[PDB]
Amino acid sequence: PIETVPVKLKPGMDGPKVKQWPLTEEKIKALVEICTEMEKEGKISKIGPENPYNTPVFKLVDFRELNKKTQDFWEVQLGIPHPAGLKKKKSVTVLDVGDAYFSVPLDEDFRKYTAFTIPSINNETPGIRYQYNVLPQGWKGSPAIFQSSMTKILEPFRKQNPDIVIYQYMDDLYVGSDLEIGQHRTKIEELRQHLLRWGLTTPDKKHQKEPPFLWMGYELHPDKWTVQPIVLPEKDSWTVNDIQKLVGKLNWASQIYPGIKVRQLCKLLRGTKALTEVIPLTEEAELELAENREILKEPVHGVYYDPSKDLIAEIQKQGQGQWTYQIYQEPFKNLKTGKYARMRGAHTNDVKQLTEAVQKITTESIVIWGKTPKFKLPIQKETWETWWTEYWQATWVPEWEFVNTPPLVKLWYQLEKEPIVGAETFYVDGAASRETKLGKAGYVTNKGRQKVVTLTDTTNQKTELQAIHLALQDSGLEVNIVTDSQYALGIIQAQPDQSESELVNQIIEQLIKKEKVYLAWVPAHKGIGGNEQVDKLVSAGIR
Amino acid sequence: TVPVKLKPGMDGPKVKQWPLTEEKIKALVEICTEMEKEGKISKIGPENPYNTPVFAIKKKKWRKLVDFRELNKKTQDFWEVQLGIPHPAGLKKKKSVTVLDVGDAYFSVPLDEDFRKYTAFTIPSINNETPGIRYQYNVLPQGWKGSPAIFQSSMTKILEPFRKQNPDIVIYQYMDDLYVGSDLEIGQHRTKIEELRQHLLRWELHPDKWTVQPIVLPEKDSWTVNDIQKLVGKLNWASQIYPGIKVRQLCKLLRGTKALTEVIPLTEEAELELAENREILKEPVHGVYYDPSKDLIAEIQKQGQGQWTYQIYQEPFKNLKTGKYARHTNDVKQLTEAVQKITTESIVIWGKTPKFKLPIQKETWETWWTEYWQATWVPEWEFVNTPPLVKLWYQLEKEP
DNA sequence: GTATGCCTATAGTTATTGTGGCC
RNA sequence: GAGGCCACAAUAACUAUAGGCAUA
Ligand SMILES: O=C1Nc2ccc(Cl)cc2[C@@](C#CC2CC2)(C(F)(F)F)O1
Ligand SMILES: [Ca+2]
C-alpha cells in the first residue's frame, strides 16, 4: 500500500479561500456527473461546513493559489536526458500509466486544503463541496510525489532484473533490453503485473506503440535517434517575431545538423523593437540564412553511446566568432553536434574563444556521458603553448591533438619584447570632450615629425586608438610606439581577430603588414618627455 | 543533542549540484551505501527541498566532500558567537607544525533532529536518466562548522591529559584538522605526533620559514630611456602601497622626445631618489595591521613558467602577507596547490579562511578543482582579471 | 580633496521572446 | 479565473567586485 508523503504549507501561510463564481447549467451537469464518479471510486469525498477552504473549478480544478501556498519540493525534472547519452538497445517499449495520480494517496492532514465547490444552478441554494483523497492534477506537489512512489514501486523489479533499463519520465515508463523481442515481451508483461499490484494500469501488448517513439521532440529508434523534421518558412517581409522563431528552430537544429550559424540573425534582434516591426534582413544574414536553409535539406541522424569506445570532439571555425563541433566515437557516425558563439562582443582572439568552446563541450560531455572527450582542434600545439604561456589567466584542456582542416587558428601578429634599435620612436595621445563629443588624435616623433588630426563624434577611448592608427600609418616597417592609454595597449596585446569596431581591426591590418612593432606604456601626467609634448598638442582645443 | 537553528529570516541551502563524472558517481554510491548501513545518513523524500553540493576527492581510494559553504554562512552565529573556538596567537611562532585529520571523530555524535533537513545532498546520475539519490545526515557532518563547535566541549576533555603533560605545546583545531605547535626538533616532534595518534586512536610545515619578502629593483650599468619609462610606471603604481616612493627625479631625466634606446646618465639627484626607493622596499611596510572584524582576501597572479605570486590583505594595497609559489603539471594543478597552501597558512596565522580572487574562468575551475583537492574545507572564491601592473610589480620579489 | 560621471571586465540576478515538451 | 512548469537559446534590464577614463 503506497504510503503518503507528509506535506505542509509554507510557514505563515493558510489555505486557499477563493470564491466560486456561478456557472452555466450545462457546465454544472457535467461536473456533478464526473464528481459523483470520482466519489464512487474514492478519489474525492463530500465535505460539510467544518471546512473553511475553497479553490475554484477549472485539469478539473485550478490550484494557482494553493500552489503558491504549498511548500517547495526538490523537483524531479532537473534536466532532460539527451538522446546521445542513451545506449543502443535491442527491444524498447514505452508504457504510459493511465491512472497515475488517482492511485497515489494524499497526506491525510493536507486534504482539507484541496476543497472545491460545485455551485447551484439557481445559485440561491448552496452547492456540493468535495475534497481530494489522491494527488490532484495541477497541484504543485503531484509530479515529485508520484515519482517518489514510482521509484520505490520499481526498486524490487529493478533488483530482480538487472539487465533491463527502465527510464521514468512523468506518466511514461521507457523500458529497454538486449533480450530478444519474445523474451522482452515476457518481461514487459511481468512489469505490467507488478505495476498492477498497486493499481497502476498500462497498455497491453496489442496497444503498445512501436518504434520510433516521439519524445521531447526527438524521434527515438533502437539503434539511432533523430529530430522531427525542421520547417522554416520563406517570406520576403520579416517581422522581429519571425526572426525570433527562426533563431529558435535553428538553435534546436544545431544539435544534430552540423555547421549551423545564427549569429548573423541574432544581430538583427539587438536593441528594443515591438514584435510586429517589419525589420529588413541585412544581406549577409541572407547569406547565413541561405547556408542554413540548404543544410536542412540534408538527412541526418545521431547514434547512441558505446561506453567501450572513446569520445572524440572535433571543432571547426565558421568565422566571425562562430564555431561548430561534432562528437563521435567511430568516424562519421555522430552522437551529436553543436555550436558556440561568443556574443559578448568583447575583444577576444581566436585562440581564446577556441579554449572557451572546448570548455563548453567538456561540461556538456560530463552531463551527457559522464566523461570528457578527446579533442581534435585546428590549432598548432606550439601556437597554443605560445598564447597560453603569455596569457594572464590559467586554463587546462584534456587530451587534444592538432588536425589540419582550414581555416586554422594562428596569432596574426607578434609584438616585440624589447625596443627596436634604429626604429623611429612615436609618442601618441588622444583627447576628447564629453560635452561637445569632439576630439583630437596625434603623435610626436624623436626624428622631429609630428601630426594632429581632429575627429568628430568620439570618446577618449576612441581617440587613443586613432592616435595609434596614425603612428602605424605614417611610419616604416619598424616602429616603437608609446601610448599612455592602458586601454589601447591592452586591446592590442590581446589580439581580437574579430570585432564590431572597424577602427580596431583596421589597426590589426596595419600591425599585420609591419615587420617589427614595439608598444610601450607610460603613465599620463608626469612630465615624461614625448608624452608631455604630444599631450599638449592633442588637448589644445579640447581642454 | 544540542539544538541548532538559523538566523530567524534565513532559508535552508538550495544550491544546485555541479555535474559529476561517472567514475566519481560510482565512488559516491559506494561511500554513501556504507554510510547508510552504519546509520550516518538516511535517504529522504521529495518533501525536503534543500540541497548542498557533493563531490569526490582522492586525498592520499576516494573520499566524499560535502561543500557546506552556504550552510555554514546561514548558521554563522551558531558556531562563531556561541560555541566558537578561540585562536592561539602562539601557533604561528612554533618552529614546526603538522596537520592531523580527525574527521572520523564526528560520526559518533548524533545530530539535532529538527536540523537534519538542512543538511540534504544529492548524488546525481549521468544524463539525468535517474531521479538522483537524496540523503541527509543523522550525525555531525565533516565540513559543517557547527561540528567542531559542538564537539568543542568533548575535545577539551579529550586532550587535557596530553595538554597537562605538555603545557608548552599548543594545539589548535580548525574544522576536521588538528594543528600541533612545537619548538622541539624534527626528531622529538614526529615522536610526539605518533604518540598523540595513539592517545587518540584509543578513543609537515614550519611557519617561521614563511617571510614577507622585499621587492628588488633592477641594478643597471647603462639606464636607457625605455628602462626608466618601465621603472617609473611600476614605481608610480607602487606608491599606492609605499606612499614614500617618488618618481619626480626620474622623470626629470626624460626631457624632450627621446628615442627609446638612448642611454640616459643618472644625475646625482636621480641616483639618490632611486637609492631610497630601494631602501623603502628592502624594509617592511607600516600602518598595516590585522583586523579581526573584516574578511581576509587572497589574490593570485599567474607569473608564467609554473610560478605564481599571491597576496593576503583586507583592504586594497595593505598586504598582511605576500609570497611566491612555483612548480607533468598544469595551471589548474598548480593553482589548486597554491589555494590550499595559502589557506592553511592563513588558518594558523589568524584562524580564518581567506576569500580567493582567482585568475581563471569560472566554468574551467568548476570542472577540475576537484581533481587535486585534498582538504576537507573548501574556501570562498571568485574569478578576476589580473591587471598588468599587478603582475609586473610582484614579479620583483626576491626568492628564499 | 573627495566626489561624481562614463566605459570595460569577472560574476551574480529578474523579466521578455523563441525552439522542444508537459500538464 | 488577465496558464502555469522544464531545458536550452536570444534580447532587455539591474547588483557586486576590480580596472580604466573624464570632470569638478
Ligand atoms: O538507455 C536507453 N537506451 C535506449 C535506446 C532507444 C530507445 Cl527508443 C530508448 C532507450 C532508453 C530510454 C529512454 C528516455 C529517453 C525516454 C530506454 F529506457 F531503454 F527506453 O534508454
Ligand atoms: Ca590620454
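Just so it is clear: chains get the letters A, B, ... in the order the sequence lines come, proteins before strands, and each one is counted from 1. All ligand and atom numbering here is 1-based and tracks the order in the structure. Atom set for the values below is all heavy atoms of this structure, side chains included, hydrogens, waters and symmetry mates excluded.
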Look up the drug at ligand 1 and give its PDB name.
-> efavirenz
What is the name, according to the PDB entry, of the chain making the most contacts with efavirenz?
-> reverse transcriptase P66 subunit
Efavirenz: other chains within a non-hydrogen distance below 4.0 Å = A
Which residues make up the contact shell of efavirenz at 4.0 Å, heavy atoms only?
-> A:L86, A:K87, A:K89, A:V92, A:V165, A:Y167, A:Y174, A:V175, A:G176, A:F213, A:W215, A:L220, A:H221, A:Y304
